[PDB]
Student: 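I have a structure here, written as structure tokens, and I will follow up with some questions on it.
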Amino acid sequence: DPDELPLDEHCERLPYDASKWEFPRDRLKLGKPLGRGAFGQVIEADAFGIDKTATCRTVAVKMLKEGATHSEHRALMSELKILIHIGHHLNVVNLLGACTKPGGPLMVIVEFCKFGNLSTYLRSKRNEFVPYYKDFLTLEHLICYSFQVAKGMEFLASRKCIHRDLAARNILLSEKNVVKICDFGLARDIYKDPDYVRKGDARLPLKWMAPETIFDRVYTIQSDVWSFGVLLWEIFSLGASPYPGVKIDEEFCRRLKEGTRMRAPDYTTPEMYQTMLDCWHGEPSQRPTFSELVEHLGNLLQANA
Ligand SMILES: COc1cc2nccc(Oc3ccc(NC(=O)/N=c4\cc(C)o[nH]4)c(Cl)c3)c2cc1OC
């Protein structure tokens, strides 16, 4: 079914309306790099007037770096088109503009999320956590983050997109405890990142991948639900690495097929752990949908109050 088909697949037919999205290069001041991959990078910048008249705005800019080729340039352009087509949501990193004019690099400009990726943030807060003192993390915050990511994913699903690398490292934290789904893509160095394992010529986030994705190489929204379950484990471990100490080999993949699951993380509630287990159902059609996760986490959020 073409309607099931992720817009990600046929991006080349998506419009780029420059009269709306093009931002003048002479209004963007590039600062220091925030992160770098092999072929891509994200740079901190100040954009003059990009979202509000005459207002300086700190933004993040994704662009390529030494090593990239025309194929990565094409990939970044497709990413830009995808972001445009998806549209705005509180819990997805918001596109502000782009520089596509010849004579300089392709630049994708998005809102700056000052606290960075959620995994690192949660670990820096282990010292400042109480289950139920200002600036302290609490259980309510953890549930609220989970709810927000479910909302963003429900939204992405509704725009006919699937993420394919959902993990705490791809969630960013902005001010006022708002989290945003991201995909660093080329701006992450995956051959240097332990989270990505060599399988063939590819490097894959095995510890986050559903069984059907590992064995049959199928990516669906329900396999994102499986990954969301792992993300939940990350959140309620305050940013621990999944399957700690475990060797991620073919025996690991088999155990996973058999029904082996992670034990509960140190900060979970019973209901949150059952939710993870639900997300990790061997049968994809028996996992909850993101719509159901949204309703359920909202209920948990209210009960925790
Ligand atoms: C404080 O430190 C950082 C703050 C950041 N704040 C905002 C954005 C950042 O990096 C990006 C991460 C991802 C994308 N792209 C992106 O998310 N593309 C998508 C997402 C989806 C669904 O389809 N395409 C971009 Cl442009 C930029 C940041 C990186 C930081 O430190 C490294």
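Note that chain A carries the PDB entry numbering, so the residues on display, from first to last, are 807-938, 996-1168. The figures here come from the full heavy-atom set of this structure, side chains too, leaving out hydrogens, waters and symmetry mates. Ligands are counted one by one from 1 in listed order, and the atoms in each one are counted from 1 as well.
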Student: Which drug does the model show at ligand 1?
Tutor: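 Found there: tivozanib.
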Student: Which chain forms the chief contact surface with tivozanib (ligand 1), and what is its name in UniProt?
Tutor: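 Per UniProt, the chief partner is Vascular endothelial growth factor receptor 2.
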Student: Check this for me - tivozanib (ligand 1), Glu885, N or O atoms closer than 3.5 angstrom, yes or no?
Tutor: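 Indeed, backbone or side chain, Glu885 has an N or O that close.
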Student: Under 4.0 Å, heavy-atom basis, I'd like to know which part of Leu840 is in contact with tivozanib (ligand 1): side chain, backbone, both or neither.
Tutor: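 The part of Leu840 near tivozanib (ligand 1) is both the backbone and the side chain.
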Student: Considering only non-hydrogen protein atoms, determine which one is nearest to atom 11 (C) of tivozanib (ligand 1) and report residue, atom name and distance to 0.1 Å.
Tutor: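 Scanning the protein heavy atoms, the shortest distance from atom 11 (C) of tivozanib (ligand 1) goes to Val848 CG2, 3.8 Å.
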Student: What are the atoms of tivozanib (ligand 1), with element, lying closer than 4.0 Å to any heavy atom of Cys1045?
Tutor: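 Reading through tivozanib (ligand 1) atom by atom, the close ones are 13 (C), 17 (O).
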Student: With respect to atom 5 (C) of tivozanib (ligand 1), which of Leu889, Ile1025, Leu1035, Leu1019 exhibits the smallest heavy-atom separation?
Tutor: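 The residue whose heavy atom sits nearest atom 5 (C) of tivozanib (ligand 1) is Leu1035.
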Student: Say whether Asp1046, considering both its backbone and side-chain N or O atoms, lies within less than 3.5 Å of an N or O atom on tivozanib (ligand 1).
Tutor: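 Yes; at least one N/O pair falls below 3.5 Å.
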Student: Around atom 4 (C) of tivozanib (ligand 1), find the nearest protein heavy atom and jot down its residue, atom name and distance.
Tutor: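 That would be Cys919 O, 3.3 Å.
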Student: Could you list the atoms of tivozanib (ligand 1) found under 4.0 angstrom from a heavy atom of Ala866?
Tutor: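 This gives 6 (N), 7 (C), 8 (C), 9 (C) as the contact atoms.
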Student: Does the entry name an organism for chain A, and if so, which one?
Tutor: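 It's listed in the entry as Homo sapiens.
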Student: Where is the nearest protein heavy atom to atom 7 (C) of tivozanib (ligand 1): which residue, which atom, and how far?
Tutor: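 Protein heavy atom at minimum distance: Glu917 O, 3.1 Å.
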Student: Which UniProt-annotated ATP-binding residues in chain A have heavy atoms closer to tivozanib (ligand 1) than 4.0 Å?
Tutor: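 In chain A, UniProt binders with a non-hydrogen atom that close: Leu840, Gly841, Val848, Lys868.
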Student: Which is it for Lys1043 and tivozanib (ligand 1) at heavy atoms under 4.0 Å: side chain, backbone, both or neither?
Tutor: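 Within the 4.0 Å criterion, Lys1043 makes no contact with tivozanib (ligand 1).
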Student: Mind checking which UniProt domain of chain A carries most of the contacts with tivozanib (ligand 1)?
Tutor: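 Most of them lie in the UniProt domain Protein kinase.
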Student: Which residue in chain A annotated by UniProt as active site is closest in heavy-atom terms to tivozanib (ligand 1), and at how many Å (rounded)?
Tutor: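 Going by UniProt and non-hydrogen distances, it's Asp1028, 9 Å.
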Student: Which residues of the other chains approach tivozanib (ligand 1) to under 4.0 Å (heavy-atom distance)?
Tutor: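 Non-hydrogen contacts come from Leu840, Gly841, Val848, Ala866, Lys868, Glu885, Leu889, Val899, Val914, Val916, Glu917, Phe918, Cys919, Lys920, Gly922, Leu1035, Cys1045, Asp1046, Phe1047.
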Student: Between tivozanib (ligand 1) and the protein, give all atom pairs where both partners are nitrogen or oxygen and the distance is under 3.5 Å, as lines of names plus distance to 0.1 Å.
Tutor:
residue, atom, partner, partner atom, Å
tivozanib (ligand 1), 6 (N), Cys919, N, 2.9
tivozanib (ligand 1), 15 (N), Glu885, OE2, 3.0
tivozanib (ligand 1), 15 (N), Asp1046, O, 3.4
tivozanib (ligand 1), 17 (O), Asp1046, N, 2.9
tivozanib (ligand 1), 18 (N), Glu885, OE2, 3.0

